[PDB]
Colleague: 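Below is the structure I would like to discuss, written out as structure tokens.
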2 protein chains.
Amino acid sequence: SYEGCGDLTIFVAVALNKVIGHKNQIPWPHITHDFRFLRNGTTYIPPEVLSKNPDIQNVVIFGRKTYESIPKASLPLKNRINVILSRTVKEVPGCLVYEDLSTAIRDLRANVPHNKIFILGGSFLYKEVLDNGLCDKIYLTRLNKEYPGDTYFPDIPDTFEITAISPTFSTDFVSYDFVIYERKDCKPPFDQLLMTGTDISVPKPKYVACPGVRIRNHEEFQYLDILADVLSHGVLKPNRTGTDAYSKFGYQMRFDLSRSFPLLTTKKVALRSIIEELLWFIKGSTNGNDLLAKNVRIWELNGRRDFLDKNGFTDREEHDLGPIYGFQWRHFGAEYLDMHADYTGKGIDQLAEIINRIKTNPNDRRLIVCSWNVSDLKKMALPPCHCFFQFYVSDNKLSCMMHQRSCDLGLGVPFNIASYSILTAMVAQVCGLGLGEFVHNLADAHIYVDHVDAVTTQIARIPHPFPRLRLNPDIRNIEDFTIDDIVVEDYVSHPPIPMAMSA
Amino acid sequence: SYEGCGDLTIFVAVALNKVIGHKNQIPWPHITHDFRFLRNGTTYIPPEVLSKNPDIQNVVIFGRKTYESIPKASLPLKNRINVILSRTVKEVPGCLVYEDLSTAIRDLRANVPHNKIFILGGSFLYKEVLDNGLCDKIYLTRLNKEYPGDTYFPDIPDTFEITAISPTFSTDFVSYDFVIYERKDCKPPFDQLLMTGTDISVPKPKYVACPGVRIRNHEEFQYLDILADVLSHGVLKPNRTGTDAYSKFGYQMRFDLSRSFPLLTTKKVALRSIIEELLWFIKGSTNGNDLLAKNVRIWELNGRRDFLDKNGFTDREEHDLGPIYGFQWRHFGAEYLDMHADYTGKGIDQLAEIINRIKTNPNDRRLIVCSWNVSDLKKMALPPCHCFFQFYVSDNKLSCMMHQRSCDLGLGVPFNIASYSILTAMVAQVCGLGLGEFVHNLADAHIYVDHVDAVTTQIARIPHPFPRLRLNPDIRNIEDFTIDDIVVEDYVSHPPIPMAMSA
Ligand SMILES: NC(=O)c1ccc[n+]([C@@H]2O[C@H](COP(=O)([O-])OP(=O)(O)OC[C@H]3O[C@@H](n4cnc5c(N)ncnc54)[C@H](OP(=O)(O)O)[C@@H]3O)[C@@H](O)[C@H]2O)c1
Ligand SMILES: NC(=O)c1ccc[n+]([C@@H]2O[C@H](COP(=O)([O-])OP(=O)(O)OC[C@H]3O[C@@H](n4cnc5c(N)ncnc54)[C@H](OP(=O)(O)O)[C@@H]3O)[C@@H](O)[C@H]2O)c1
Ligand SMILES: Nc1nc(=O)c2c(CCc3ccc(C(=O)N[C@@H](CCC(=O)O)C(=O)O)cc3)c[nH]c2[nH]1
Ligand SMILES: Nc1nc(=O)c2c(CCc3ccc(C(=O)N[C@@H](CCC(=O)O)C(=O)O)cc3)c[nH]c2[nH]1
Ligand SMILES: Nc1nc(=O)c2c(CCc3ccc(C(=O)N[C@@H](CCC(=O)O)C(=O)O)cc3)c[nH]c2[nH]1
Ligand SMILES: Nc1nc(=O)c2c(CCc3ccc(C(=O)N[C@@H](CCC(=O)O)C(=O)O)cc3)c[nH]c2[nH]1
Ligand SMILES: O=c1ccn([C@H]2C[C@H](O)[C@@H](COP(=O)(O)O)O2)c(=O)[nH]1
Ligand SMILES: O=c1ccn([C@H]2C[C@H](O)[C@@H](COP(=O)(O)O)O2)c(=O)[nH]1
């Protein structure tokens, strides 16, 4: 029945609730970037094929209803053979018309010189294509938001897997990315091996994040790869906590903050806790009760009585963490008494200083906030892990680099990535700047023994498109941001993964 | 004469003075790594070819004398067809013998089933092969030392170019790498382009280091690639000095210090100046005269009367640079008076504390020397560029990571790379540790406009194998190293490239 009708390639854009159409129209506001991706995907002809037949084109196939879903401004689709399937219309300007798919494909491959056939919907057509195994490859644009609709993309069969994932992009109404699914059952020159000067037979690593994904452009892969690399090649070392960890040294990640917000999607990350922690840093607090009071418990264990006493801090009030981040950001050099003291106008307000300098002298090469106050180290419950960051301006875009001396990959690193991304966005906004990159340096990167099963599970999870960040555009000063001013939209994630903190 | 005798592939190992042989023996102590490279290169059969004939072997061709040059025990060379050329010997146990090359190649390619033919010398044979254009590819082990000898490798014709370079390796007696030359005249799927989500036709970068080199495993490539990247994509910005610079933010380089010493070879680097400056940091000096007195002038322009005056240091004695590196390394938190004050027992001796912590608690995750003393910045003639570094120990190897806020890629970066490599080796030695990696994080990395021609010239230069470092093993304390205790052996470099410093 469908003899000769296979290897049909689908292009579709699909909302989170699988909706693809609403009142015969696209359900979301137009994403022209998606239109260009579709155009580029469906027009491509390999160089070899094109030099032999230079007039050769691909085919696009639609139901009639989808065909009207398109303007005249862009119709019939330029440089491709347009084909419409329909039992009620006989003729359409610019197109070939067939009564059914099996006739169409047969006629096409027998009688119409073309390169590749693409399937552009709608549901009727997609459903026929998938129920009958006629598709070997899907180009799918994933939108991280639900839209009202009445037309849906069918579930993709378990016979398919994701093999490519673009970077996450965003408009101001949705975050999205592009992926490729391929049917599983049809999905290294020697000099390269020799010229390493090392073993020509190098056994593949023990741990590989998402082995089936061959094009790995989602920024989350940086974090997943590092996890895989420390599990594969990390050395188990004792450490101060008394819970051992597999450790490796030296990594650099970067995130394009103009495109998306790098809140990990491979587990549900406690965003509320990250935001309260940052606002806590900004206002200069070193009182752990300020976080507890807001139902954030991430700093509880390093301020507990037994932890303080274990480390010689026998005169320290519980949850007085000492002159850590908040104190150094706002009062570097001031004498730390305790977490209740008035430090107003005492020490150096690095945070204020550097924001003002970004405004007045963007090309300054010393835009640094440093929490590694060597004189204060002995007073600290836990010396800063993210101990140093530096801003940078070019082309009216702010970037930030942070140095992290000690990186708990399971627990803290995901917090750190998201925290500095927000800080950069805040700083960019109060300075009237666009968004560049967050560059994250890992020095001692490790995975605690009791997180191994957690992270093994995690790195097998396919990333969702990252979410996007919106700050209240009215906030003019970094000290004014409240939690309601900091909104992460379109966060799609896998389930939370419990991991215990080693104090 | 030589019809059907082309595409013969050479393997040779060559001393810096082109010597390959001495008294019919190898002129250097044996490098078993080189033998292993040779054996792997000459025994490889492509998997496709091997399945069709699972007994197929390659050919190795020698002169009589070169055969006589290998132990009778290691011979005939295993898993290959051994061929000897000779006019004075007719039969050799388990080898083929020919009277001349042309006959040999013809007989072999017509009558002896085999995969690929290799040429293993000596000079008579290499010369005949090169003089007659019979070679399309050369596997060449470069040694950075001259050896006595009486047999030489001919000059390689300018019809060849280097297309592959291994990482630099070393024994205790020589620095070396592997390279491939290929004859010039005969030397990515669309999904990869589409799945970036950006412009599918990418204008190739304007600058590329060593475009001819396809396998780029020499660590110097990190530095050359970064030069090429900043030239290509960096933004022209003004800065403190009044000479503009192309600038790009965020890189990470690493150097395996157990293998070689990363003193750049694409220009002759002023190593003596690097050592004196480091010894100057170590002893804690902030007096620029201490450097001038050793005929090192790198800090002179930043301590000069006019520079001090124009930065408001009108009361500062000339070449009193203020509480910069030496002071922070040894006395962080002491009150800086001037460069003549006695600071003995004042402030925190970070350098001493970290070296002692490496000895007593190698798994500590706070092994940091921080020169970004925020309290002292306003006193400094030039706030530290390499402002923060951190050590790490695993598998009995010391690694180091440095954060450089501002990176004069033309002048200072080459100094910083070698400086921290020496410092790491020194610290490793006094703590009885082996050598791991130096990891170099660059924040604002830039190229001054007046260095563009210089660096454009530099990035087309093919790197030599890096040199190696030897410290005097008697030195037990970091303060005891003197210039004569720190020896760089086997430094081979292209000419110096003049570059002017912007103050
Ligand atoms: N977001 C996306 O990626 C995407 C992609 C495509 C479409 N859409 C949206 O989806 C909607 C259109 O889809 P839809 O499911 O409502 O309609 P559709 O599938 O485009 O068209 C339905 C009609 O096409 C004809 N047809 C389809 N398969 C046929 C076959 N095998 N043989 C004969 N005729 C066939 C029949 O028309 P007759 O009445 O002539 O028999 C059928 O009633 C629009 O809202 C559009 O914007 C979205
Ligand atoms: N480091 C390296 O990569 C390397 C590589 C190879 C060799 N080597 C060194 O080089 C030295 C040996 O080389 P070498 O140049 O002295 O000698 P060689 O070229 O190995 O052999 C000399 C003899 O080979 C014969 N021969 C070469 N080409 C011939 C041709 N076309 N037709 C007939 N006979 C031919 C002659 O034969 P008869 O005299 O027998 O008639 C000649 O006297 C040794 O010291 C060895 O260790 C070093
Ligand atoms: N990924 C994806 N997104 C979609 O919206 C979609 C559709 C919806 C129908 C549709 C088809 C073409 C264009 C259309 O206008 N196409 C123009 C693009 C305009 C341009 O960028 O120049 C074209 O030339 O293809 C607009 C809408 C089917 N398959 C799709 N797949
Ligand atoms: N060993 C160690 N690792 C660290 O990263 C760390 C920190 C960084 C802050 C931190 C601490 C705990 C959690 C954390 O527990 N997060 C959990 C729960 C989050 C929540 O429910 O709010 C998580 O699953 O992400 C997340 C972040 C302080 N002390 C630490 N000590
Ligand atoms: N790069 C290079 N280095 C050289 O020394 C060399 C030579 C010198 C002659 C020569 C040939 C083979 C071996 C020899 O013993 N080969 C053994 C090595 C055994 C092993 O290490 O396992 C082999 O099996 O090839 C040792 C010396 C020719 N071409 C060369 N090219
Ligand atoms: N703009 C700027 N860039 C810097 O890197 C820097 C420094 C770092 C130290 C430094 C200064 C000059 C040279 C240097 O001049 N090197 C020359 C000559 C070396 C010699 O012969 O001693 C070189 O060609 O490498 C190399 C290193 C202080 N102030 C600076 N200001
Ligand atoms: O913001 C933070 C703070 C701490 N840590 C981690 C690193 C270590 O796992 C632990 C601190 O222990 P030390 O490195 O100080 O020993 O907490 C983070 O990952 N991010
Ligand atoms: O060890 C050093 C010291 C300085 N610089 C460079 C960076 C800048 O080009 C210049 C210092 O100027 P500012 O970044 O402070 O403006 O010196 C280095 O590259 N390495």
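In this entry the chain letters A, B, ... are assigned according to the order of the sequence lines. Here chain A follows the PDB entry for its numbers: 4-190, 196-511, in order, are the residues you see. Here chain B follows the PDB entry for its numbers: 4-190, 196-511, in order, are the residues you see. Per the header of the entry, the method used was X-ray crystallography, 2.2 Å. In each ligand, atom 1 is the first atom listed, and ligand 1 is the first ligand listed. These values consider heavy atoms only, across backbone and side chains, with no hydrogens, waters or symmetry-generated copies.
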Colleague: For ligand 5, which chain gives the most heavy-atom pairs within 4.5 Å, and what name does the PDB entry use for it?
Modeller: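 By the greatest number of contacts, it's Dihydrofolate reductase/thymidylate synthase.
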Colleague: So what's the drug over at ligand 5?
Modeller: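 Recorded as pemetrexed.
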Colleague: Would you pull out the other chains with a heavy atom less than 4.0 Å from pemetrexed (ligand 5)?
Modeller: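 Other chains in heavy-atom contact: B.
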Colleague: Test your reading of the structure: does B:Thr144 have an N or O sitting under 3.5 Å from an N or O of pemetrexed (ligand 5)?
Modeller: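 B:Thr144 vs pemetrexed (ligand 5): N/O contact under 3.5 Å present.
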Colleague: Heavy-atom pairs closer than 4.0 Å: do any link pemetrexed (ligand 5) to the side chain of B:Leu80, the backbone, both, or neither?
Modeller: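 It is the side chain that touches pemetrexed (ligand 5); the backbone stays farther off.
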Colleague: Quick one: look at B:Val15 and pemetrexed (ligand 5), take heavy-atom pairs under 4.0 Å, and tell me if it's side chain, backbone, both or neither.
Modeller: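 It is the backbone that gets close, since no side chain atom is under 4.0 Å.
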Colleague: Can a non-hydrogen atom of B:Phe40 be found less than 4.0 Å from any atom of pemetrexed (ligand 5)?
Modeller: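 No.
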Colleague: So, 4.0 Å and heavy atoms of B:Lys81: is pemetrexed (ligand 5) close enough to count as a contact?
Modeller: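 The answer is no, since B:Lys81 has no heavy atom less than 4.0 Å from pemetrexed (ligand 5).
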Colleague: Are any of the N or O atoms of B:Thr69 closer than 3.5 Å to those of pemetrexed (ligand 5)?
Modeller: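 Such a contact does not occur with pemetrexed (ligand 5).
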Colleague: Of the choices B:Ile73, B:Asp37, B:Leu146, which has the non-hydrogen atom that lies closest to atom 1 (N) of pemetrexed (ligand 5)?
Modeller: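 Residue with the shortest heavy-atom distance to the ligand atom: B:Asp37.
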Colleague: Consider pemetrexed (ligand 5): state whether an atom of it lies below 4.0 angstrom from any non-hydrogen atom of B:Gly124.
Modeller: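 Distance cut 4.0 Å: B:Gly124 fails for pemetrexed (ligand 5).
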Colleague: Quick one: look at B:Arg83 and pemetrexed (ligand 5), take heavy-atom pairs under 4.0 Å, and tell me if it's side chain, backbone, both or neither.
Modeller: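 For B:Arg83, the contact with pemetrexed (ligand 5) is made by the side chain alone.
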Colleague: Using a heavy-atom cut-off of under 4.0 Å, does the side chain or the backbone of B:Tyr129 touch pemetrexed (ligand 5), or both, or neither?
Modeller: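 Under 4.0 Å from pemetrexed (ligand 5), B:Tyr129 contributes side-chain atoms alone.
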Colleague: Provide the binding site of pemetrexed (ligand 5) at 4.0 Å, counting non-hydrogen atoms only.
Modeller: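 Non-hydrogen contacts come from B:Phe14, B:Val15, B:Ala16, B:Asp37, B:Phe38, B:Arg39, B:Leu41, B:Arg42, B:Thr69, B:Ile73, B:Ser77, B:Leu80, B:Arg83, B:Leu123, B:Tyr129, B:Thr144.
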